[PDB]
A.B. asks: 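Handing you this structure, nothing more for now.
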Amino acid sequence: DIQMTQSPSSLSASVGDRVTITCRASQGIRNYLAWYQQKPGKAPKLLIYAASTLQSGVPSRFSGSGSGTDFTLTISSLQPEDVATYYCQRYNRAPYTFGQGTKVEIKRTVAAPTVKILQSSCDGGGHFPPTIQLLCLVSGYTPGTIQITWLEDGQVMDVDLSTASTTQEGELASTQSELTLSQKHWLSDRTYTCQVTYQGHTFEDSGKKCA
Amino acid sequence: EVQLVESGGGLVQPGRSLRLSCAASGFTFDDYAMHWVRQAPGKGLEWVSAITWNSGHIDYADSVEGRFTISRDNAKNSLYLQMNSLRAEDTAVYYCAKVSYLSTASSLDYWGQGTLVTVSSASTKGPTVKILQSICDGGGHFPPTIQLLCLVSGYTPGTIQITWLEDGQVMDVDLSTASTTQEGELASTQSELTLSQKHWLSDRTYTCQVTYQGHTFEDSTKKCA
């Protein structure tokens, strides 16, 4: 029986902090060890081989150490693009076992939620769909009371034309609101504002159909 | 550029067989050892099998030994995985990968984006797919870049494969990012593609292609007339 195990299961640190993750081989594997980084929905990317050699293109904040059974990977200055799951792998001989994986996250700084409007696309042949939806995305905020209001050329829109909803995923909340417009109403080429009020402050995004 | 493209994934019942293929290009396939690695839904990477450049040495994970057969055809620059005696827990995304150097004792430096294998008798609710896109600002001007957001929602919790196509061609993997949330009852995924303005002003047609439970659902868009 051959095993590769990792610690911790997950860690969270502030931007710029040092993070260290470990890998343990059940048998001595000298320096025949690799580290990979994987983001959601994507294949893993090789980061380090021969325990300490960075792959071309990997930033200088990454390093690896160890030989034999115990290994580490260090990120000296944790950055947003480093949020991912990390795996070690032995390649001395079969089995080419991967470790359990370690999730790395950034400790969320108190910050205003972002607000962005997206619009329905046209079809593959460039045609407007029967109705147009505007989707206002409010992402990354401490769970709390939130109010979303739509404006059309700066005036409040009928509350019936839109519906909101919220997903609480982990510590953060995300809220969205979908406004439905008839195709004829969209052709009038007015300006739409998604106005968000949160802990007493108001933030907004605005836009209009592209020329 | 090195490219590895897996194919052959799909929905099969336990006990049946499925054959995966991996088409290699952009490097001298004949010179390199190759691996299959898989990832079950929500789980870590699991090495499956290795084969040397001339097929002389083959190894398998204990979990698949006796049931899966790895092979390759160097004249066709293709790697294969014959998966027999399938079990529910073989459900995974299957990746092929190339080793870095002319040794099996080297790291896996290039990976395909995987093919989805579902081993099940269960029926499932398929997903709704729709593409949204950047609005222009109050002056009618494009943002610095154009975002296309493919929303994949309302399907029985399980693995989704999302692929962006440009005029039917698979797009660069680094042009998109993906994030998933699970309400408990159901999961939903957002894939965000970032296009430059010139890129979007070309009337190219873009396709969000979703694979789920044996079938391929999709939505497409081009810039409005």
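Chain lettering follows the listing: the opening sequence line is A, and each later line takes the next letter. By the PDB entry numbering, chain A shows 1-211, in order. We're sticking with the PDB entry numbering for chain B, so the shown stretch reads 1-225, in order. Method reported for this entry: X-ray crystallography, 1.5 Å.
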A.B. asks: Provide the recorded name of the drug at chains A and B.
C.D. replies: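 Found there: adalimumab.
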A.B. asks: How does the deposit refer to chain A?
C.D. replies: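 The entry uses the name Light chain of adalimumab EFab (VL-IgE CH2).
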A.B. asks: What label does the PDB record give chain B?
C.D. replies: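 The entry calls it Heavy chain of adalimumab EFab (VH-IgE CH2).
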